[PDB]
Enquirer: 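Before my questions: this is acetazolamide bound to Carbonate dehydratase.
The order of the sequence lines fixes the chain letters, beginning with A. Numbers in chain A come straight from the PDB entry, and the residues shown are 2-225, in order. Throughout, chain B uses the PDB entry numbering, with the displayed residues spanning 1-225 in order. What you see below is based on every heavy atom in this structure, not just the backbone, and it leaves out hydrogens, waters and symmetry mates. Method reported for this entry: X-ray crystallography, 1.8 Å. In each ligand, atom 1 is the first atom listed, and ligand 1 is the first ligand listed.
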Amino acid sequence: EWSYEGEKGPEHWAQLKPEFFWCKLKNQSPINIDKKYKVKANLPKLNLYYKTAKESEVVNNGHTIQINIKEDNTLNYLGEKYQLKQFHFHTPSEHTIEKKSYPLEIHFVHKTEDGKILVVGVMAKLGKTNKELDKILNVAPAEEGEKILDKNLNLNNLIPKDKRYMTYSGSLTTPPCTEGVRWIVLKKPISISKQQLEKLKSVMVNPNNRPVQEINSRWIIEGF
Amino acid sequence: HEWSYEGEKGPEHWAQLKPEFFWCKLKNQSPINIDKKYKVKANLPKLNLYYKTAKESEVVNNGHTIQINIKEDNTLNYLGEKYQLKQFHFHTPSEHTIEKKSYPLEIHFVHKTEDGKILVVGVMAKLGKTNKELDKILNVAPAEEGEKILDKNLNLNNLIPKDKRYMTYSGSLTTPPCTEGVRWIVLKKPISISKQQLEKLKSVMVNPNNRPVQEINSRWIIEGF
Ligand SMILES: CC(=O)Nc1nnc(S(N)(=O)=O)s1
Ligand SMILES: CC(=O)Nc1nnc(S(N)(=O)=O)s1
Ligand SMILES: [Zn+2]
Ligand SMILES: [Zn+2]
């Protein structure tokens, strides 16, 4: 077990279990997207276009609020077939952009049959209410537990229509912090209402963002 | 030796030889195959690479390669960091491959900042015109593990192409401990060495001494305009 505070906090993760050794390495996430270590180049188109999510499972695992997806969605990227497994929340955001923090960051976790992991991160700023998020928050357990959502979700409405993104090689932001993770962070944020942010914080442990990590020898590539 | 390119201490076993070699089995290892599929072209920092004449440099045969330790203090300024050249050595055949293509020789110029940041510049060599600088090195390079101090000066710049355009990615040392967080810079244009020079090098240096290419995993390679 680990947490975001105390002796089980981020600074002590690598010491909690032998399998968490990754947490202290050189290609960790999240990071601050710094212009100094960023280049601009044409990157592969990001084609998500998820299927409607029916009877998805909303889980409170003591670390975040996660939504497990039942349908088989395929994200074709660099010839690999990534399957969306779930998406979850972090408040405040884990990545920062030019030191700017967002009240919410959404992670859509995908994995290929052979284990390759690709996470799509979406920032959210306070603004207009997001219709999909209310469906999730209305049934999200305030304590560790799981609940099946009776309403369908249009996952595409939790992602900006404009798919321009930045990418870099990183890791999982929670123990074991495994590296070799392909990170894709959307440039444009979506919006959520103050009310939704308050509601999320009333049911999810927070703050639950890992401190930004050292960039080391990595370059961030921002697409067009 | 603590590790080798063959046998029980070979590449696939490095990580299991010592706790300090755990890096060798991770996700951001070098060398790699430079494949267009995982590469983009962009505006990268200009590579200002020029070395001082190397005088009385030490040529060492450490059983893993032929390494030249220079006495001078050369600084490579990159991204606000000041990297000092520590030494350069050889690999045959090449460690990195370009679009599946292998070169007879790859030269590594290893630099490190004061705070431990490692930057290795790799230069490929294709068979062709003989390289005079290489001859000075080969003429004194120990055939058996040992060391020999050069009396002649070396112009390291003649082992580097005039065209400084390069490709870069985040990787590791290609030999144990295989530490990651290494900044790799591979020149696009190769230099040339005569077939005879390659034969001479293989007569004194352990070969093949190239580590198998590693999985690219979630990395991108960037080539500068
Ligand atoms: C099984 C699984 O997906 N685990 C994750 N752990 N951290 C993740 S994150 N915050 O990097 O998206 S995903
Ligand atoms: C002390 C030192 O420089 N060690 C190195 N180990 N591998 C290197 S390489 N082949 O990646 O240039 S340099
Ligand atoms: Zn996450
Ligand atoms: Zn080397």
Enquirer: Specify the chains or ligands that represent acetazolamide.
Expert: ligands 1 and 2
Enquirer: Would you mind telling me which other chains place a heavy atom less than 4.0 Å from acetazolamide (ligand 1)?
Expert: A
Enquirer: What is the source organism the PDB records for chain A?
Expert: Sulfurihydrogenibium sp. YO3AOP1
Enquirer: Do me a favour and list the nearest non-hydrogen protein atom to atom 5 (C) of acetazolamide (ligand 1) with residue, atom name and distance?
Expert: A/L173 CD2, 3.9 Å
Enquirer: Is A/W184 in contact with acetazolamide (ligand 1), taking contact as a heavy-atom separation below 4.0 Å?
Expert: yes
Enquirer: Which acetazolamide (ligand 1) atoms, with their elements, are less than 4.0 angstrom from a heavy-atom of A/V110?
Expert: 3 (O), 12 (O), 13 (S)
Enquirer: Considering only the protein, which heavy-atom contact is closest to atom 3 (O) of acetazolamide (ligand 1), and what is its distance?
Expert: A/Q87 NE2, 3.4 Å
Enquirer: Tell me the protein heavy atom at minimum distance from atom 7 (N) of acetazolamide (ligand 1), and give that distance in Å.
Expert: A/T175 OG1, 2.9 Å
Enquirer: Could you tell me whether A/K112 approaches acetazolamide (ligand 1) through its side chain, its backbone, both or neither, with non-hydrogen atoms closer than 4.0 Å?
Expert: neither
Enquirer: In the protein, what heavy atom is nearest to atom 11 (O) of acetazolamide (ligand 1), and what distance, to one decimal place, separates them?
Expert: A/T174 N, 2.9 Å
Enquirer: Find other ligands or ions closer than 4.0 Å to acetazolamide (ligand 1).
Expert: ligand 3 (zinc ion)
Enquirer: I'd like to know whether acetazolamide (ligand 1) has A/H91 as a neighbour, heavy-atom separation below 4.0 Å.
Expert: yes
Enquirer: Test of understanding: given a 4.0 Å heavy-atom threshold, classify the contact between A/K86 and acetazolamide (ligand 1) as side chain, backbone, both, or neither.
Expert: neither
Enquirer: Which neighbouring residues and nucleotides define the binding site of acetazolamide (ligand 1) at 4.0 Å (non-hydrogen atoms)?
Expert: A/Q87, A/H89, A/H91, A/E95, A/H108, A/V110, A/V120, A/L173, A/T174, A/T175, A/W184
